[PDB]
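Structure of acarbose in complex with 1,4-alpha-glucan-branching enzyme.
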Amino acid sequence: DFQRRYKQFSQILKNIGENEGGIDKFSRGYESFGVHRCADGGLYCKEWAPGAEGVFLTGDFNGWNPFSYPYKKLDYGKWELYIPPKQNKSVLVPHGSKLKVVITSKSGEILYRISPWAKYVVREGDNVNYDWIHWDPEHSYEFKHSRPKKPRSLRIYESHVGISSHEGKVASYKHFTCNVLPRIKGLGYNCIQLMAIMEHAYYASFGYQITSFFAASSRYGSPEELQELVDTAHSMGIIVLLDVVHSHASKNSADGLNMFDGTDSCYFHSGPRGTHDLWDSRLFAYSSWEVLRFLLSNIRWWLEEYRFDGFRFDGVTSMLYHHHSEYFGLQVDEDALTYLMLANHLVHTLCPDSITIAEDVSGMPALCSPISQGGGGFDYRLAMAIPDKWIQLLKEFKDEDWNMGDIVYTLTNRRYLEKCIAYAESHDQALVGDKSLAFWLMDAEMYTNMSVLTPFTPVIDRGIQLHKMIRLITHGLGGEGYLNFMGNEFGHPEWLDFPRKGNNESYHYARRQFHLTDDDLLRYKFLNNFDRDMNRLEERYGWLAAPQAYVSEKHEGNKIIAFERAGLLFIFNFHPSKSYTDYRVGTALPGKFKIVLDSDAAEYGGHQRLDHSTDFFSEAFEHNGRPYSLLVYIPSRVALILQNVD
Ligand SMILES: C[C@H]1O[C@H](O[C@H]2[C@H](O)[C@@H](O)[C@@H](O[C@H]3[C@H](O)[C@@H](O)[C@@H](O)O[C@@H]3CO)O[C@@H]2CO)[C@H](O)[C@@H](O)[C@@H]1N[C@H]1C=C(CO)[C@@H](O)[C@H](O)[C@H]1O
């Protein structure tokens, strides 16, 4: 029940007001928790560690003396320490040097921890654990550019910084900034979804095993270099979203958030409930006031310090249903959902133009509706049914048996007030044990016939053609936003895989062969050219922000799908062999229609059969529930977008 959820949110928010002075003040914990050089040269420190017997600071700066700097036990399980400034006015904890919090347990155990609030952590050489590096650089980065105007419609480039080069190594923030952003802009994307930024010790977790929640991952470079990346993306008109992983945490205790104060509670729930058996991860105790301070402050942190334009919250389904659309009727974890409501509230009160996206597979209603209505407050959900339908079709059905009605139903079956992000394939489908669309479509011929020096075989023909069309149907019909994972826009060959046991720390597939699209002797350029033109076209006409399409034809015999959105006329011939010569298509208004996009074009790897100068007229002639009709010529496996120029 939604009246209850909102009464509950309102009560917790009211308390944050009466006890912490508002959610703004509340979410600024990072200003005192942690380690801070003060303006007077001393060092102020603070932790939450309710099960600790004692808390201490140690590191290079004091010769790893475990107990010479003990914190004072405060009310509510918190601890604070202030080291006086040195008489000789020199720095107490030098920039770049190592620290550790020391926790003494009820058992008399001596624990070494990285601060839950740590800015920066580095793994040195062949070491097992991460070190906590004090970060007090001489020159902080000054942001020089303002937020881009809020985009009418989101065209999202899903990105991972480490793999963004052709080299089998962890690529850098700097590399990304100089060499990848310009590419993302050139393609017509107006938003970047930045994966794997929150610190994670295990690279092959694809960024999902968080060890330090406030740390910009050190893999790629320094905190300053991330800021520059974000600042630079803004200068180019591109907005940047962060993957927020607040659904679970790595079981690491040496350099992770687990067992911080020697307990299995603290930031997490005690008992089996507080562990995620399949992910082997800890689960936050969202009911706990300090866990709300931590997570909400984390959101504020990413907003203020790195100037992100929004967030995608990963693992929302687990947050709601970990205890357990066959999801109707299940009991939701209202603690988790209240946190998400508070998060969204915070993000949108600080800036209404900020964007949040939920990764939720359950399709729970009201996740994307207003908080005042008992909803989660997300702007967007990912449309996860769509990648499934393409996989199903390609795996289980000859082309002659594809159902247009099923395709139209899956892409348009949406809740009217929920904006969602449509994409044709996920980052998960790009991984080792899986198949990409390009590979589903082309299998082994992807390694033999992607060169313009080889025959344009029927396999490669079909592959090139369907790749474009699947993307375009998804892009025009599927949602209120589009997403594309790094490389899939030009049909990147092979697969993605990270260094791990299973491959002897191989970086060989941990990269992106971006050069493939710059090679004129290869055929990737075709897929790439189409992507760029697809996005520039939407930028001009704005079909993502338009109401749902009016589907005029979902014809199973001819395999034709035709619809209107934002006034444009979309026509798909999915037939594996037949082409159509005087094919009548319904239209809303009469007049002269012209091709504005044609997948048969040569620059797209098409067959170049259409004359774009031919005028298409729709006269008053009723067809398929439309008051007007035009006649078009449309080949097998071609998509057309026609505009009314009257
Ligand atoms: C409302 C209050 O909740 C939180 O405080 C709790 C701690 O987080 C818990 O870990 C737990 O720790 C300590 C025991 O309460 C205490 O009896 C003692 O045995 O030490 C325990 C650990 O060694 O319990 C705390 C109370 O549930 C939260 O951290 C705290 O900030 C919250 N306090 C707010 C309320 C008021 C008055 O309305 C103000 O005085 C505070 O400034 C607020 O922060």
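Numbering of residues begins at 1 and proceeds along the displayed sequence. Order of appearance sets the numbers: ligands from 1, and atoms from 1 within every ligand. Recorded method is X-ray crystallography, 2.8 Å.
- Counting all copies, acarbose can be found at ligand 1.
- Counting heavy atoms under 4.0 Å, the binding site of acarbose comprises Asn19, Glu20, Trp48, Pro50, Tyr76, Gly77, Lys78, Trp289, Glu290, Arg293.
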